[PDB]
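Everything below concerns the one structure shown next.
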Amino acid sequence: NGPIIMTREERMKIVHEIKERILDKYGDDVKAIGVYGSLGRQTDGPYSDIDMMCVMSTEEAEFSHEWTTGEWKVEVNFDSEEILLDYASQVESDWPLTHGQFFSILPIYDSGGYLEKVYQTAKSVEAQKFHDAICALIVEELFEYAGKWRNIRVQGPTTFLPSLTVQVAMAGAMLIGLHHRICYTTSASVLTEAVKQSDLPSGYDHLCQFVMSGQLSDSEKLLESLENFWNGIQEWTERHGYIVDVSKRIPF
Amino acid sequence: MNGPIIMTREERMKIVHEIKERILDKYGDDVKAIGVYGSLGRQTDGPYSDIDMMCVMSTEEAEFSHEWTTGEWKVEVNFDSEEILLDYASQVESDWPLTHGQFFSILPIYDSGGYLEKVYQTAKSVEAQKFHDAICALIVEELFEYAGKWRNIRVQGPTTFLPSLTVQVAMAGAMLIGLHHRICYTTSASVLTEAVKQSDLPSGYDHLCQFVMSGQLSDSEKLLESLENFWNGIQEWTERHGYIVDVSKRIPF
Ligand SMILES: NC[C@@H]1O[C@H](O[C@H]2[C@@H](O)[C@H](O[C@@H]3[C@@H](O)[C@H](N)C[C@H](N)[C@H]3O[C@H]3O[C@H](CN)[C@@H](O)[C@H](O)[C@H]3N)O[C@@H]2CO)[C@H](N)[C@@H](O)[C@@H]1O
Ligand SMILES: NC[C@@H]1O[C@H](O[C@H]2[C@@H](O)[C@H](O[C@@H]3[C@@H](O)[C@H](N)C[C@H](N)[C@H]3O[C@H]3O[C@H](CN)[C@@H](O)[C@H](O)[C@H]3N)O[C@@H]2CO)[C@H](N)[C@@H](O)[C@@H]1O
Ligand SMILES: Nc1ncnc2c1ncn2[C@@H]1O[C@H](COP(=O)(O)CP(=O)(O)OP(=O)(O)O)[C@@H](O)[C@H]1O
Ligand SMILES: Nc1ncnc2c1ncn2[C@@H]1O[C@H](COP(=O)(O)CP(=O)(O)OP(=O)(O)O)[C@@H](O)[C@H]1O
Ligand SMILES: [Ca+2]
Ligand SMILES: [Ca+2]
Ligand SMILES: [Ca+2]
Ligand SMILES: [Ca+2]
């Protein structure tokens, strides 16, 4: 019947059950256990799942247990300290979406401040990595998206335009999050938090109103809204020094 | 940069061969093969399409990519050792229908020993069990969690996320059906349009896709009905096709 309603107290009872099972199964190879996601922020809603992370002493440990009981869902990630720290210091195009997990850790088990170390590593990422990730996002994501809707304008399909518009607004949100080096609280609040940030690219907020409201059927408006956002991107990047290399026809 | 410019297939192929020559010049006999994938590999590139190319290296553990723009056009070249590429071609993730069409239409431009054919043969020869597992994982990892997200939206918001979530659910359903039929979608723009003409869809999916394809995503009440109907169709569909996971234990490890 899909996920059921659960209270915060029931989810924490489940968490401590998982904690005991982890400690029983892996014992002294467990360095730390934490809850992240909305339960880690103590903002989980009725239908929220449980996300837990485990620091293992075993070197090269990298596995996950993800399951449902038919009523609720749990995900537990098991990483060696090195693998977890290296992932926490790595900045992809979706870093604002993903790395909020290291800012929300509720420690449940910790033998030596490992969860604090993970948090310190995530909040201390060098500014250059956000610069590089922003330039990568423009090339690998926004430029490709611009080709996709320009193709749609000349040859369709307009049936893809609503989905693409959603993706573009999300990519724009990642761009803003990388620029402010702030992680969004949750996925559902990515767009609502993005448009309250300072320093938006021209045309971004207008595009987001289509995605947030769901009024994505006027495909001519959407293409014009995408173009204005794309135009504002070049002005915004030049104004913030996120300059993309266009000088080499073949850069290797 | 003025964004992507109009380019013809002839111009894009001229660019491909310039890249091939530079790859062959730089890596010499460590290049086992070079091929084109994406819409240019299918010779269906549109005016604003970019260029996607693959390269098989003999160097062990080679795994890098060069992706760049000139301000007018964009290129991506992926370099993989044969082993890494054959391994990647034979793993089935939740997004296999989105990603692995690349191995079925490679336009060959350089090949020292049928490596491009070997990649294709590897991609088509994946065991049925790998699709079964990917489908069961997808239900747990993606659909069940999406169901909680829209149920959370109904009770505590935000509805401003609902159009986006609905797009994501339609895409995941498209992966689900593509995994079921072992069909890879052509390009991202055709994922939903091809998913809905597949036989034996879960009940409520085509209606959900009609919301997403038409862009009529402002009626939060109707979307929530539609997501629930599709979620119901999933329970019927998986359970009728044997995509069953044991869910009886509170902690299954
Ligand atoms: N190449 C074979 C294998 O690919 C894997 O990565 C796969 C996937 O992650 C990766 O996706 C990469 C991302 O990462 C990176 N952040 C930007 C890049 N444009 C995107 O590329 C892919 O998605 C784009 C659509 N948005 C497509 O336009 C593009 O043609 C496609 N190669 O491309 C690969 C599939 O083509 C691993 N590298 C490795 O297991 C092995 O190399
Ligand atoms: N965990 C530390 C690091 O995680 C990485 O993977 C990251 C990412 O791909 C991975 O994503 C995994 C997927 O893969 C897997 N196929 C389904 C699973 N629901 C999803 O989980 C992630 O996405 C969900 C939202 N859709 C979130 O609810 C979930 O909490 C989040 N961990 O979770 C990790 C981030 O939390 C690498 N494994 C490795 O660098 C190292 O293990
Ligand atoms: N695609 C993704 N990949 C990796 N991490 C992600 C992710 N999406 C979200 N996250 C990270 O993983 C955490 C848990 O994500 P989710 O379970 O999907 C939503 P949540 O933040 O717990 O709020 P919720 O109550 O709506 O569930 C996020 O808070 C975020 O830090
Ligand atoms: N998110 C993704 N990740 C990995 N591969 C993807 C992908 N999306 C699409 N693909 C694969 O990579 C190839 C190239 O994708 P893209 O360049 O993004 C669109 P295309 O198929 O070339 O048509 P188009 O560029 O004319 O719109 C696709 O044909 C497809 O097999
Ligand atoms: Ca969660
Ligand atoms: Ca989760
Ligand atoms: Ca392409
Ligand atoms: Ca591409």
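Residue numbers start from 1 in every chain, and the chains themselves are labelled A, B, ... in the order their sequence lines are given, proteins ahead of strands. No hydrogens, no waters, no symmetry mates; every other heavy atom, side chains included, goes into these values. Both ligands and their constituent atoms are indexed starting at 1 by order of listing.
Per UniProt, the macromolecule in most contact with ligand 2 is Aminoglycoside nucleotidyltransferase (4').
The drug or drug candidate found at ligand 2 is neomycin.
Other chains with any heavy atom closer than 4.0 Å to neomycin (ligand 2): A, B.
Contacts of A:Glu66 with neomycin (ligand 2), taken as heavy-atom pairs under 4.0 Å, involve the side chain alone. Each of the following atoms of neomycin (ligand 2) lies closer than 4.0 Å to a heavy atom of A:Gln101: 35 (C), 36 (O). Taxonomically, the PDB assigns the source of chain A to Bacillus sp.. For atom 21 (O) of neomycin (ligand 2), a protein non-hydrogen atom is found at a distance below 4.0 Å.
Against a heavy-atom cut-off of under 4.0 Å, B:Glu145 is close to the following atoms of neomycin (ligand 2): 28 (O). Those atoms of neomycin (ligand 2) with a heavy atom of A:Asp51 less than 4.0 angstrom away are 28 (O), 30 (O). When only interatomic distances are considered, the shortest N/O to N/O separation between A:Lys73 and neomycin (ligand 2) does not fall below 3.5 Å. The shortest separation from a heavy atom of A:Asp79 to neomycin (ligand 2) is under 4.0 Å, placing the residue in contact.
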Which protein N or O atoms sit under 3.5 Å from any N or O of neomycin (ligand 2)? Give each pair with its distance.
from	atom 1	to	atom 2	distance (Å)
neomycin (ligand 2)	1 (N)	A:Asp79	OD2	3.0
neomycin (ligand 2)	16 (N)	B:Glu141	OE1	2.9
neomycin (ligand 2)	19 (N)	A:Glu66	OE1	3.3
neomycin (ligand 2)	19 (N)	A:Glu66	OE2	2.8
neomycin (ligand 2)	19 (N)	A:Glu75	OE1	3.1
neomycin (ligand 2)	21 (O)	A:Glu75	OE1	3.1
neomycin (ligand 2)	21 (O)	A:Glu75	OE2	3.1
neomycin (ligand 2)	28 (O)	B:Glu145	OE1	3.4
neomycin (ligand 2)	28 (O)	B:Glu145	OE2	3.0
neomycin (ligand 2)	30 (O)	A:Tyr36	OH	3.3
neomycin (ligand 2)	30 (O)	A:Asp51	OD1	3.0
neomycin (ligand 2)	32 (N)	A:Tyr36	OH	3.0
neomycin (ligand 2)	32 (N)	A:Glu75	OE2	3.0
neomycin (ligand 2)	36 (O)	A:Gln101	NE2	2.6
neomycin (ligand 2)	38 (N)	A:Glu62	OE2	3.2
neomycin (ligand 2)	42 (O)	A:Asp79	OD1	2.6

